Structures are given as C-alpha cells and as structure tokens.
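Presented below is the structure to which this report refers.
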Amino acid sequence: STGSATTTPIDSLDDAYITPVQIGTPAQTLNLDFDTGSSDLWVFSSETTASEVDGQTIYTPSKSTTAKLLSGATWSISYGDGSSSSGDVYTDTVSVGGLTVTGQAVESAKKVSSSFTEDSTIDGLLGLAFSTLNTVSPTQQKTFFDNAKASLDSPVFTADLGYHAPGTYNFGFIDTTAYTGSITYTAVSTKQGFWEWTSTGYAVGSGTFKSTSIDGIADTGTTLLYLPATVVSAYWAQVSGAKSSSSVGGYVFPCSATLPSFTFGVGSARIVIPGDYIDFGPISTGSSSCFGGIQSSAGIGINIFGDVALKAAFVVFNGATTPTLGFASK
Ligand SMILES: CC(C)CN(C[C@@H](O)[C@H](Cc1ccccc1)NC(=O)O[C@H]1CCOC1)S(=O)(=O)c1ccc(N)cc1
C-alpha cells in the first residue's frame, strides 16, 4: 500500500504546515501538523475545555462507530516551546491520502495551552518520530507510520515541503520525478527517539565550505533552522545591521537587506537554502526590523534542521530495520 497527501502553509510566512487527516466512521477531517520530532497523534475534541477552543475543528468520538475508548489510558506532553496538552485516548480508523490504519491511538485533548488555542489553523499533531517517545500511560502507543509500516510497499515516508507554496507527504514509495540529481543517504541515531543525523559542514553565500560535524534532528514540526552559535554568527555577519536581540529573542535584520544563501552538507553532497527562505518578516506589524530564519540552538540542547532547511530538499525518512535519512536537491 501507499498514501499521498498535500501539505499547505498555515500563513504567508510558512510558520507551519497542515495536512488533512480522516478520523473515524463516517470520516471526520482534521488539519494536523505532521511532526517528525514528536510521537503523539493528538487532536482538539468534543472533550477539550470549551474556553480553550477558538476556531479549531474538533474530533467527536461519540459520533464515530469505530471509536473505542482505550480504558485507563492518559497522555500528557510538553514541547520545546513551553506549550503542552493532555487528555484521554481512543482507538479509531485513521487515513492519510488513501492510506488507512485501523486501531490507531487517537489522543483526545482535554486541556491545551494558550499557544494551541490561539492558533486556529492547527487542529492537532501527528507525530512521526520514533514510538519510544509516545507519552500514553500506562501502555505506550505506536505512531501512525509504525502502525502502517509493514503494509507499505517500502517502509518509508518522504517530505517535500514548499517555500510559500504547498508540498507533499508520501508514504510507502519514493517519487523519482520530485527531485533533481540523486538522493544521498546518511546514518541515523535513534537513541534519543529522534531522526538524529550528522551534517558534514556549511557555507555562507558564495563563501568557503567549512568541513565540521554538526549533529542535529530532522524536524518537520520546527519552523526555523537552529544551529551552533559559531555557525549562526558566521551567517548573520554577512548581513549589514543584523544583530542578536535579547529582548526579541534571536537574530533580527533590516527588512531592506538581501539575504545570502546558506549551504549544509549531507555526506559529500550539498543542499542550498536560498536567502529568501531565511526571511520571516517584520517582528511586529509595520516594523522595519525582520526576524531571521537561522537562529542559535544554544539553550535548546540540540541542533534542529527545521522547515527552513527541509523545504530546500526532498527528504526521505527511511524506516528500514536500521533507519537512515536521505536528502536530494530539487
Ligand atoms: C507542537 C510542536 C510544533 C512542538 N515543536 C516541535 C517538536 O518537533 C519538538 C522539537 C524539539 C525537540 C527537542 C527539543 C526541543 C524541541 N519536539 C518536542 O518538543 O518533543 C518533546 C515531546 C516529545 O519528546 C520530546 S516545538 O519545537 O515546540 C515548536 C513550537 C512552535 C513552533 N512555531 C515551532 C516549533
């Protein structure tokens, strides 16, 4: 089997991407944030505290003939941005672009934190990291990909995110028309539960490529590119007037600047992020100070290859018995 679904930016800045998911019988369609850096599938629901729902589409398990409460199971998650959610758990039928899993754990939110309430475009998360990070207690649950894996033609999914445009998630096959050149595969460590790999270096604009190992995670759920402070300083030094602002929370730059590209290494291959991909616009409406798309990972504890980097590539999440990651230019 295979599946394919279109993923769409939530706004004009690519602040996140949403993908339609069918849940239950008859189907209930929710727009979820596919997140290769977490492992819970959770949704806004008829159980969510009413004051914490503001425009999201909700899952109502009592209207689904295939929903069954998973007795005694609860879940509670806290994310890297300080947001959180928690609730109870049903099993139900879940499909993504034609690919169906029966008995998927659907974690129904009873509480969500303010940043989820305030974002009316995201109805939940669909985690695609390793199931070792799933938070369901006392019986841990599997991700949608882990449940589908054995049925798929090949045990893979791919991410092809667009810059200011829609893109595609495919399950079970590699679309060889979607990239240029060849796919370079690189080794993965699953010890922390993430798609964790090692980049071979970087360059700023047309400058000299620096060979240096950069450990980090491939994360569709993170908007920006978070890298070591030495690397990020080298980038922004090439933008006149750019500086790190403690009060805003990162590097900002004059909106009048033209940004250089940023290249990262995958083995001997090279992925080029165009400068325009690194512009996230005015810090507040009407401001001439703009927020940068490359930021320091200091204080996170981990480097994160988020959407700013992933949308410049065709990315293969290979879930063979020894997982790997593949990157191609496009
Ligand atoms: C709800 C999603 C988006 C949560 N984030 C992305 C996730 O992939 C996030 C990535 C991450 C991993 C490790 C350390 C720090 C961050 N994983 C995460 O925290 O995993 C926890 C829960 C399970 O085990 C560990 S985010 O980083 O908070 C974020 C928030 C807002 C924006 N605009 C962009 C990113």
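Following the PDB entry, chain A residues are numbered 1-330, in order. Reckoned from all heavy atoms, side chains included, excluding hydrogens, waters and symmetry mates. Read the numbers this way: they start at 1 and go in the same order the structure lists the ligands and their atoms.
- Drug at ligand 1 (options: avanafil, amprenavir, olmesartan, vardenafil, gepotidacin): amprenavir.
- In the deposited model, the macromolecule with the most close contacts to amprenavir is named by the PDB entry as Endothiapepsin.
- Within 4.0 Å of amprenavir on heavy-atom distance sit the residues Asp35, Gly37, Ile77, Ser78, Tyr79, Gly80, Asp81, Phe116, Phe194, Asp219, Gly221, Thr222, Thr223, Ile300, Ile304.
- Of the protein's heavy atoms, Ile77 CD1, 4.0 Å lies nearest to atom 23 (C) of amprenavir.
- Counting only heavy atoms of the protein, atom 33 (N) of amprenavir lies nearest to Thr223 OG1, 3.4 Å.
- An N or O contact shorter than 3.5 Å is missing between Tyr79 and amprenavir by distance.
- Taking distance alone, with nitrogen or oxygen atoms compared against 3.5 Å, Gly80 approaches amprenavir more closely than that limit.
- Per the entry, the source species of chain A is Cryphonectria parasitica.
- The contact region for amprenavir on chain A lies mostly in UniProt domain Peptidase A1.
- The nearest heavy-atom contact from the protein to atom 28 (O) of amprenavir is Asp81 N, 3.1 Å.
- In this structure, the protein non-hydrogen atom closest to atom 2 (C) of amprenavir is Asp35 OD2, 4.0 Å.
- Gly37 O, 3.4 Å is the protein heavy atom nearest to atom 20 (O) of amprenavir.
- In summary, the atoms of amprenavir found under 4.0 Å from a heavy atom of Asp219, numbered by their order in the structure, are 6 (C), 7 (C), 8 (O), 9 (C), 10 (C).
- Of the protein's heavy atoms, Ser78 O, 3.9 Å lies nearest to atom 21 (C) of amprenavir.
- Given atom 25 (C) of amprenavir, the protein heavy atom at minimum distance is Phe194 CZ, 4.3 Å.
- The closest approach between amprenavir and any UniProt active-site residue of chain A, by heavy atoms to 1 Å, is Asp35, 3 Å.
- Atom 27 (O) of amprenavir has as its closest protein heavy atom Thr222 OG1, 3.6 Å.
- Interface of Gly221 with amprenavir, defined as ligand atoms under 4.0 Å from a residue heavy atom, comprises 3 (C), 6 (C), 34 (C), 35 (C).
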